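What follows is a model of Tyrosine-protein kinase JAK2 carrying bound AZD7762.
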Amino acid sequence: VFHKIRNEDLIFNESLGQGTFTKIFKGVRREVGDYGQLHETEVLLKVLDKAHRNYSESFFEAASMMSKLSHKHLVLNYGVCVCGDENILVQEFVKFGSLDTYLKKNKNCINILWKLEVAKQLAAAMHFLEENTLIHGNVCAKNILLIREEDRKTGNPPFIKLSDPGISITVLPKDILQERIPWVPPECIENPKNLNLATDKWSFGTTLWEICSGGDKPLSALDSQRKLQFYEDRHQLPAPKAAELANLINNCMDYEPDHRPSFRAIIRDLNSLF
Ligand SMILES: NC(=O)Nc1cc(-c2cccc(F)c2)sc1C(=O)N[C@H]1CCCNC1
């Protein structure tokens, strides 16, 4: 199902961080492109920790998810590297990296109309998954990649893409899920089998909170057991200073999954701002 790329066509360079049970690297891919021309393509190389190769089917399923469909806001997958004892995804390389990084570093420079722009693009991506009845399962600012930055001359907005969700929370071990509170919904903490489309509405609300808070991670001062108890007492996240989106956030982060608004409704809400 995955296109096969030979290890000798791939150079592994700098380390770009890690995900849950994964390492990610900037790489270079030599390939034949349109019109027969040879190219050196920057790629993202994503390697599943060999200590955790038992999650490999989830690893590769989460990727084929993003390539079932084609959409302008979904990161492209190029294939899998065929090299022996290893599990390596080859993906589009996004130059400006993760949204959470970019929010922390540019906290000052971001205004309400940049949040709103990014928030809209994300909602358009989620709307598109919605219509296809496709669950992402791991919406968060770190899984949003900045294709391009705002341009203060052309007035052109940033453009973001959504990364694949990684190993699924249906198989991940319980303390990973609990540390992912409050991106993981209450119903999924209670039972990961409760993964639904309404999962992504909650996480979207958490991601909007991240976007309005300049790289702050919600509930970060709270250890695991307190995160759990936050959900027992049915608390809501604090209103972000930039508070234009607090009501939308709370509306998405509804403890009742069936009451979370559709992304069509969310987009209307976002489009009704001055
Ligand atoms: N495709 C691509 O460029 N990805 C990509 C590019 C990143 C990046 C790009 C430029 C500079 C830099 F420091 C990092 S980070 C990242 C990524 O996908 N990170 C994972 C880590 C944890 C959760 N899943 C997101």
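Residue indices begin at 1 and follow the sequence shown. Quick note: numbers below take in every heavy atom, side chains included, and nothing from hydrogens, waters or symmetry partners. First listed ligand is number 1; within each ligand, the first listed atom is number 1.
Looking across the whole structure, one can locate AZD7762 at ligand 1. At 4.0 Å, heavy atom to atom, the residues around AZD7762 are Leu16, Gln18, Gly19, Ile24, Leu44, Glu92, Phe93, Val94, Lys95, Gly97, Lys142, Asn143, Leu145. Every atom of AZD7762 is numbered from 1 in the order shown, and the set under 4.0 Å from a heavy atom of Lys142 is 25 (C).
Counting the atoms of AZD7762 from 1 in the order shown, those under 4.0 Å from a heavy atom of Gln18 are 21 (C), 22 (C). In terms of polar-atom proximity, defined here as any N/O pair under 3.5 Å, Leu16 makes no such contact with AZD7762.
AZD7762 has an N or O atom lying under 3.5 Å from an N or O atom of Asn143, backbone or side chain. Summary of contacts: the protein heavy atom closest to atom 8 (C) of AZD7762 is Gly97 CA, 3.4 Å. Every atom of AZD7762 with a heavy atom of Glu92 under 4.0 Å away is listed here by number and element: 1 (N), 2 (C), 3 (O).
Scanning the protein for heavy atoms near atom 17 (C) of AZD7762, the closest one is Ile24 CD1, 3.4 Å. Numbered from 1 in the order shown, with element, the atoms of AZD7762 that lie under 4.0 Å from a heavy atom of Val94 read 2 (C), 3 (O), 6 (C), 9 (C), 10 (C). The closest protein non-hydrogen atom to atom 10 (C) of AZD7762 is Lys95 O, 3.2 Å. Protein heavy atom closest to atom 4 (N) of AZD7762, with residue, atom name and distance, is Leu44 CD1, 3.3 Å.
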